[PDB]
Trainee: 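Please see the structure below; I have some questions.
Residue numbering restarts at 1 for every chain, and letters A, B, ... go by the order of the sequence lines. Computed from heavy atoms alone, side chains included, the values below leave out hydrogens, waters and symmetry copies. Atoms within each ligand, like the ligands themselves, are counted from 1 in listed order.
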Amino acid sequence: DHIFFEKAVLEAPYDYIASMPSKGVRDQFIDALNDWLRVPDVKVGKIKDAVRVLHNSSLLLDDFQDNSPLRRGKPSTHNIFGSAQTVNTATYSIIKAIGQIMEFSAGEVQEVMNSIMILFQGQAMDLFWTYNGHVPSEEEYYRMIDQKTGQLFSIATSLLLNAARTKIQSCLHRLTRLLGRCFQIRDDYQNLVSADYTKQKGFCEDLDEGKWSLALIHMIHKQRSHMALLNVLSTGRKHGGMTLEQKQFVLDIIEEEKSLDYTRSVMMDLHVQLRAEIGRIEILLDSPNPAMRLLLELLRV
Amino acid sequence: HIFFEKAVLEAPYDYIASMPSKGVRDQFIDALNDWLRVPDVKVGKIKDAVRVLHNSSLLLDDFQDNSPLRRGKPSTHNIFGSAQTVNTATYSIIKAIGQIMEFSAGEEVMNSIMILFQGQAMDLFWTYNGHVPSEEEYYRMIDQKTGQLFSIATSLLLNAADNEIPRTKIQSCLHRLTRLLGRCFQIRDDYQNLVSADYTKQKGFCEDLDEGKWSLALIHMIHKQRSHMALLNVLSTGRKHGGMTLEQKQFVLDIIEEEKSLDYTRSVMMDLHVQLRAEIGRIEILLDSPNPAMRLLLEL
Amino acid sequence: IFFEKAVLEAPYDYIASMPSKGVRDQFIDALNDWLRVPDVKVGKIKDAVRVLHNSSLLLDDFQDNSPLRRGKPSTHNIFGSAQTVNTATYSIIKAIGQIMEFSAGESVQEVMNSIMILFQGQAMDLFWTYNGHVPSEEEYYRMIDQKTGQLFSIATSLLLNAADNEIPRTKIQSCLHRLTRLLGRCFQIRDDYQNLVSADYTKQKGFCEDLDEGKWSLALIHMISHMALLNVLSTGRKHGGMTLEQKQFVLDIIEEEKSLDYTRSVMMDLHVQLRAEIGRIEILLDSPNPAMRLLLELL
Amino acid sequence: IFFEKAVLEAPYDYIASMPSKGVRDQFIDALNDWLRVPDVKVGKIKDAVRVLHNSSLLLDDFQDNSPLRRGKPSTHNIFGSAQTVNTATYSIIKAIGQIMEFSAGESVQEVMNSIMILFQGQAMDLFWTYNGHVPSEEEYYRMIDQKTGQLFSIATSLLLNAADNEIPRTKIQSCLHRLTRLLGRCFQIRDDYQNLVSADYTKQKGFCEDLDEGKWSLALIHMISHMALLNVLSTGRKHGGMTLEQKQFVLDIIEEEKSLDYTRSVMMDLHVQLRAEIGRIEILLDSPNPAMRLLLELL
Amino acid sequence: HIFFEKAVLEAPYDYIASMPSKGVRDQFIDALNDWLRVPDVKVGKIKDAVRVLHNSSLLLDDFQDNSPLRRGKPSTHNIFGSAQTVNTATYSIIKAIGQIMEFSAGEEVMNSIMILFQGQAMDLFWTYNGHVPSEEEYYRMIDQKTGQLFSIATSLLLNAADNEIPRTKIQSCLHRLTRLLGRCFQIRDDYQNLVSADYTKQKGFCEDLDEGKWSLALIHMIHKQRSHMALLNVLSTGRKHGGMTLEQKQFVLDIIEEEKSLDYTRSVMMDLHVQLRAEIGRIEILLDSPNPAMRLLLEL
Amino acid sequence: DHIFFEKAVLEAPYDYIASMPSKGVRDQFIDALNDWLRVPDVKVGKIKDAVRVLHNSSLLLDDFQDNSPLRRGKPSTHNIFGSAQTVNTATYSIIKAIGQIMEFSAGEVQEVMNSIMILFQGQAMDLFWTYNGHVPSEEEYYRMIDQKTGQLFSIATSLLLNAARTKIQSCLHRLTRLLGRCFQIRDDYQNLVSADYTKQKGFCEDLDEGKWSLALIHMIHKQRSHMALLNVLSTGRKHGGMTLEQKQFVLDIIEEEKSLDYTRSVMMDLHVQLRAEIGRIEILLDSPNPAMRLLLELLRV
Ligand SMILES: NCCC(O)(P(=O)(O)O)P(=O)(O)O
Ligand SMILES: NCCC(O)(P(=O)(O)O)P(=O)(O)O
Ligand SMILES: NCCC(O)(P(=O)(O)O)P(=O)(O)O
Ligand SMILES: NCCC(O)(P(=O)(O)O)P(=O)(O)O
Ligand SMILES: NCCC(O)(P(=O)(O)O)P(=O)(O)O
Ligand SMILES: NCCC(O)(P(=O)(O)O)P(=O)(O)O
Ligand SMILES: [Co+2]
Ligand SMILES: [Co+2]
Ligand SMILES: [Co+2]
Ligand SMILES: [Co+2]
Ligand SMILES: [Co+2]
Ligand SMILES: [Co+2]
Ligand SMILES: [Co+2]
Ligand SMILES: [Co+2]
Ligand SMILES: [Co+2]
Ligand SMILES: [Co+2]
Ligand SMILES: [Co+2]
Ligand SMILES: [Co+2]
Ligand SMILES: [Co+2]
Ligand SMILES: [Co+2]
Ligand SMILES: [Co+2]
Ligand SMILES: [Co+2]
Ligand SMILES: [Co+2]
Ligand SMILES: [Co+2]
Ligand SMILES: [Co+2]
Ligand SMILES: [Co+2]
Ligand SMILES: [Co+2]
Ligand SMILES: [Co+2]
Ligand SMILES: [Co+2]
Ligand SMILES: [Co+2]
């Protein structure tokens, strides 16, 4: 009878992150997208649960892969169960999510499998650059984002699309791709700027991780000296993190170079294109979508 | 250079795949196919898929057990780091599943794959929280984390077998076979980790004592009526730290030898060998097809 | 020559200078209102028990790796673990010698036996956290009777052996044993309780010090669907202790399951039994003890 | 119930199972050839002193952070520091209780006082390495008389208090005190010596274990132009201990200055004084002691 | 890009040089030159040379004292690492010496520079081996490691002074001045490290208690007849570890306050202020040239 | 009177390295060079002592800068006295060495000061590349060597030259430069190959340091994959060193690529040029020099 006990052990790390609160964008996008597609409540529920597992599982891996001590102000899962159990649960949960997607969807699965694997191709580059200290170009950065976060929006879109036109499809493609860039570029921006992100992750958590955000990329390829900046980055990699003053030192250089102003420029332009794409769909479709415009608006600053 | 980013993604897999396997996995498929006689191309695809699953499991396991060595060389996460290694490992499992789908469509797997993680879950859970499992829990965990690999390969080969009869006679016997093989190979593995000098050369001296896993020898003497305060506390000391000193490892070995607990493990393995030979025999006669390959695989 | 003595007793003189007090001496004064032991012998008993209690504090702080004691650095963060342990062990021997100096016979072989039970209790405490065993409620209570309640018992045994002739120390026994047992259980449960609730117990020991130690308070034990809490304690065992965020997570689970309420109910029941016990003794000795009842009101 | 006792005594039963022996019991047998104490009481004295000596080994190994004892892991690398210290302190109390069980009067207050001097000696030992003070030869010798020579004194005090009636335990005193003092000084100096020279003392404790501890052997003290040696000891204090290469460097300086020879000369002089002392006692008791002279030949 | 490798070499110097000095060093040279009146160009060269020496000394000292903060910002070796920082520091000292040679030729320096290291040697030696120095040893060490900087600048300015007389009257007085200035500034520095909240903002809370240096306050109360077992042992505990906890630092402060040992340091500083004003006075009259700048420099 | 005690404290770290044994090449080169120049015994003694201090001081810094636990089988100086005292003594000793050079030499000093500073320019690049993980080109590597080790030979040469022609000078320049490259390239080679270097420094000490030797440089810029090789190097930098198996893994890749064969090729060609330069001088001068040819021969394999 204690087969239930074994299941609880296996899914304990998953039940942890899924329990905090943490959500927002994911569920909102599915709801907003469905205000257009009008997919049955039962089918969107099956899609929601699968995407949630998929998203939460990648968070389990990401926090471990990025060595993040905090998620949503609480300890990250691998600081509760340890990295070994967390990774084991996460990998299992992904397979479980794929099985669920198989159960209500035909094949094509052979399209979702492909896109799920693209997510890993995206993570691969992100982790590769961080680990070996290679600064990517701005375009490589965008391509990486399209794969690791943009593809995540695409998956939820493809699922809802297959449960509902024709030309409308190649417009949602432009939507999810632009949306993916908005999310990540904001996420990297807010990590260094916002004080909520400071409370839900720690002060400049990305600088401990050593990820290459758009601000750093822009000023690294910006032709001036930066002997100091280059060396603290190396110092951080050698110590596995930075002190509060070191992070502040990085921010001040960023401020002095106005590289965050560039990031703000890209985000505003992205919102312009996304506004246009949304209205393009609302016109091409029956009626407008305040839910999608809300989500877009939640993504500025 | 679209080729470059895939190379980065699959670099940790190519590393572990470039090492000498020992080919236990491949030898079994070959032996099983001496009975089922599936065409070489279909067999090759199944071999490739299972090889990817197995190697990916080793990627994860070495990191999870914090093993410094794999086949005498540094473990994969001591090349690419934990993050990269885990990422491709999960990806490669997805990829293998995708490969399996392309030539099969059915039907157990993937589902049986989820049982692997169920087995690992218990293995990792006990080790992390220091809970000593019973012999039955130990066996059940092994059926899930190890025996299932064999089950996977069999089902794949079985579903690809010709209409040359029966798939009804064999299935009961084949399940008995893969399960017995799974137990013995893991029990042998946990046994050899402490006594074999080749394993010392491949994994380091008594690597499982660093990992802190619960092998049959330890389990047997702990649930004994004799007191083992020292033994219990060294194991806890090893988990508190990153592992054990050589003297701490040697101390455990002395306790084991003093109580001949490895001899109990030898007895269990021999008894499993007997049942294995019996099971192979029932099939060799029922199909009128002797299998020197399976009996040769047993030679371990 | 005094220098050698000052070096040996420096770690003791450190904790002894701390304000860590307010229960041990008040219990002796409260009990002596009954036993009416001469003030001089009460002084020696107070001194001896003070040395013992301080010595156990030296050991426990080291053994639980507590960084703070009464808001100041713990003794082994001043003198190191080696000097602290050596001084502590010496101080225990010194106290016993003092006890021997004013009491003989089976009184000594009773206190000696009683002191050894303290270590028996500490052993189970230390053994459980080190090997990651979650104790039952009964195991926990028995552990408390040995390591905490026995300290009260020592003080009473000393006082009773020096009691006035107008007092039947044979009728009174077992009633006093029932008292100290309840009192020690009430004190320790409150101690484990307060460590997770208060400040003091965040100002004096740091935030949730028991969770760094990996101590098994009554709240924690009552719970162990509780999978996440088991693992973080294990994570706390593998790491040097818990992060501020990890400790807060434990509190949330306790709060959600209202484990704080359970221990609160247990201590109120102990308050009831204690009042009933003091009453029986008050009738038996034909003497009211407002001090004991006053001491009881410490929650 | 036995389980609780087994847990408490597990760290003691660990060192007690080790072959760490060959001097303590031989001294008792040698001395008893003179004192002719009944075999039964000698047994209890042997048991009590054995518990004390083992308990001091538990503490010292932890306090000096020694990884190895008799080729096997030290006790605190089996049970952890907390359990080891608690058991050790308990075992000391237990032994004293045993001593109390067959001896009364000022005999106890003598052993109690003698045990406290052991801690006084350990205190100076621990205090010096922790605060980086290089002791003089006299300070070192006095430290030895307290922490080592006193152990012999305890055994003799017990045996003398149980001596046969045909023996004048008043004439004999001070001669025995002179003996134990010399013997303890000879034993400890040899102990500090052997730790840097031998194997055993590389097989039993690891290579130059005293240099990890930061112990002040007679060789080291005799030297402190010696600037480089001072700093590596400091480096050894800041780090967890010394590397294999660092220990070897210390040996080279010792060898170059022939510090090994000095301690060798000191111990030969101690051999002379010891023979003179045994002789005086042999005349005074009209009884030869080939055992003591046999025990003496341990170099 | 021959320019690039020099930029790499001087990058750690440019970092520390880009910070707000406080200009005590420059204020002294200006004040001294109100008397000696050396042309601006020759004064500028001397300022530049001394500035390089001083900054290079801070490069070395911050690493040697393992200080995490310098003027509120991370210390240089927490940017470029210990290796690079030390390399340019030694180089910059050579460079400064080369600069000094180009406009002088003589004559004390460099020689006086070697006394700086002699002072640092004792400072580092006592701290590393935990030896408590006497008040006299403490003063002598300070004359060498701090007072000599002032001596260097004076000799340079003195050798560049015009034939407008005397260089014989002043030298005795100027040596008395630079030496008094050196003691007071270091004693003030060690004082302010424990009590000034601005120093907490620039270096962290009680940084010297992390370094484990021997300030006058600690030295005074240690060589006292009262016992200080606790105080002594915390300091040793701090050296055993990387530094002290906040409670350990606060504990030391409480002992200091309880014994008013900082008041003794205040008395010494005031007495040095008195002698300084006296020495400035003897010179202001002997040259018939009052120096509001020197007296204003004293305001600290 | 205890002014001598303060001096002992200051020079204790210097007296340590100077005492072991460790020498060889330095004294041999000065003797071999003087078999030509015939400079008085008193003057060459003054030159020897100064160069020894200079060389030993740089070793004090180098071991600390490279985090080397061992020198000549014994603990490095900063593992006896600590990094702080070692660096303080080293810097002082360099200034002391400069003063000594000033005392027997005119100015031009203004030539020796310049060359001493070049040594630091060389070290600067070596430490910069190691710390920030930048692989230099082969020519940058050679230029760096000319500055940090080749210039050291040049200093001893300039000193002896100024105490003694005309055209002979611009031949010694080619000698010291070639000699500098021979020494360092061999030193980097022997670090990974020789078992004496394994005993006098530890197994593959350079792989812990993370320096960029010619073998690594050659195969890094050699166009093939090397995903594994690139990542262990990063792993080493993140851990502050490598395990025995990791170093062996690096050696095997080096072996597989025959990059050490290339290093052997460069060394043999260097010996060819050096043989030619030596004979060129022996002819241009009075008589041959077996001492210099010996030293050259001590530098192969
Ligand atoms: N997308 C989830 C992961 C992140 O967004 P998060 O900020 O860690 O949630 P990352 O910054 O790692 O890309
Ligand atoms: N189960 C595959 C991994 C093992 O067999 P391996 O010995 O690590 O290959 P484990 O002993 O960890 O179970
Ligand atoms: N028993 C006295 C020691 C304690 O009360 P304290 O918390 O150390 O005061 P514990 O809770 O550790 O038992
Ligand atoms: N005094 C018994 C303990 C010793 O002899 P040991 O070396 O621990 O046996 P020490 O040398 O530490 O004093
Ligand atoms: N002496 C210059 C450096 C100092 O003044 P600083 O306070 O570190 O600038 P120290 O206190 O180390 O002496
Ligand atoms: N030249 C002295 C320094 C070296 O040669 P060494 O091998 O450390 O002596 P490096 O390898 O650091 O260049
Ligand atoms: Co809707
Ligand atoms: Co992340
Ligand atoms: Co991430
Ligand atoms: Co992010
Ligand atoms: Co074929
Ligand atoms: Co494994
Ligand atoms: Co495993
Ligand atoms: Co295994
Ligand atoms: Co009263
Ligand atoms: Co406690
Ligand atoms: Co406790
Ligand atoms: Co408590
Ligand atoms: Co006998
Ligand atoms: Co010892
Ligand atoms: Co000792
Ligand atoms: Co010893
Ligand atoms: Co002007
Ligand atoms: Co400083
Ligand atoms: Co300083
Ligand atoms: Co300062
Ligand atoms: Co010659
Ligand atoms: Co080097
Ligand atoms: Co170097
Ligand atoms: Co080298």
Trainee: Report the name of the drug found at ligand 6, as recorded in the PDB.
Mentor: pamidronate
Trainee: Which protein or nucleic acid chain has the most heavy atoms near pamidronate (ligand 6), under its name in UniProt?
Mentor: Fusicoccadiene synthase
Trainee: By chain letter, which other chains contact pamidronate (ligand 6) with heavy atoms under 4.0 Å?
Mentor: F
Trainee: State whether the shortest distance between N or O atoms of F:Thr149 and N or O atoms of pamidronate (ligand 6) falls below 3.5 angstrom.
Mentor: no
Trainee: Applying a 4.0 Å heavy-atom criterion (strictly less than), which segment of F:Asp66 is in contact with pamidronate (ligand 6): side chain, backbone, both, or neither?
Mentor: side chain
Trainee: List every atom of pamidronate (ligand 6) that sits less than 4.0 Å from any heavy atom of F:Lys148, numbering the atoms from 1 in the order shown and giving each element.
Mentor: 13 (O)
Trainee: Using distance alone, determine whether F:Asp206 and pamidronate (ligand 6) share an N or O pair under 3.5 Å.
Mentor: no
Trainee: Help me out: UniProt dimethylallyl diphosphate-binding residues in chain F, which have a heavy atom under 4.0 Å from pamidronate (ligand 6)?
Mentor: F:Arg71, F:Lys148, F:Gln184, F:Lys201, F:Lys211
Trainee: Which of the atoms of pamidronate (ligand 6) are close to F:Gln184, meaning less than 4.0 Å from one of its heavy atoms?
Mentor: 5 (O), 11 (O), 13 (O)
Trainee: Would F:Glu209 count as being in polar contact with pamidronate (ligand 6), using the rule that some N or O on each side must be under 3.5 angstrom apart?
Mentor: no
Trainee: Show me which atoms of pamidronate (ligand 6) lie under 4.0 Å from any heavy atom of F:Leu59.
Mentor: 2 (C)
Trainee: Ignoring angles and geometry beyond distance, decide whether F:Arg71 reaches within less than 3.5 Å of pamidronate (ligand 6) through its nitrogen or oxygen atoms.
Mentor: yes
Trainee: Please state which part of F:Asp126 comes within less than 4.0 Å of pamidronate (ligand 6), counting heavy atoms only: side chain, backbone, both or neither.
Mentor: neither
Trainee: I'm curious which other ligands and ions end up under 4.0 Å from pamidronate (ligand 6) - can you check?
Mentor: ligand 28 (cobalt (II) ion), ligand 29 (cobalt (II) ion), ligand 30 (cobalt (II) ion)
Trainee: Who's the nearest protein heavy-atom neighbour of atom 5 (O) of pamidronate (ligand 6), and how far?
Mentor: F:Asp187 OD2, 3.2 Å
Trainee: Contact between pamidronate (ligand 6) and F:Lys201 is defined here as a heavy atom of the residue under 4.0 Å from a ligand atom; is it met?
Mentor: yes
Trainee: What residue and atom, counting heavy atoms only, is the protein's closest point to atom 3 (C) of pamidronate (ligand 6), and at what distance?
Mentor: F:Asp62 OD2, 3.3 Å
Trainee: Run the numbers for me: atoms of pamidronate (ligand 6), each under 4.0 Å from some heavy atom of F:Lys211, listed by number.
Mentor: 10 (P), 11 (O), 12 (O), 13 (O)
Trainee: Any chance you could list the binding-site residues for pamidronate (ligand 6)? Cut-off is 4.0 Å, heavy atoms.
Mentor: F:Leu59, F:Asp62, F:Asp66, F:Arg71, F:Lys148, F:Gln184, F:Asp187, F:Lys201, F:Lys211
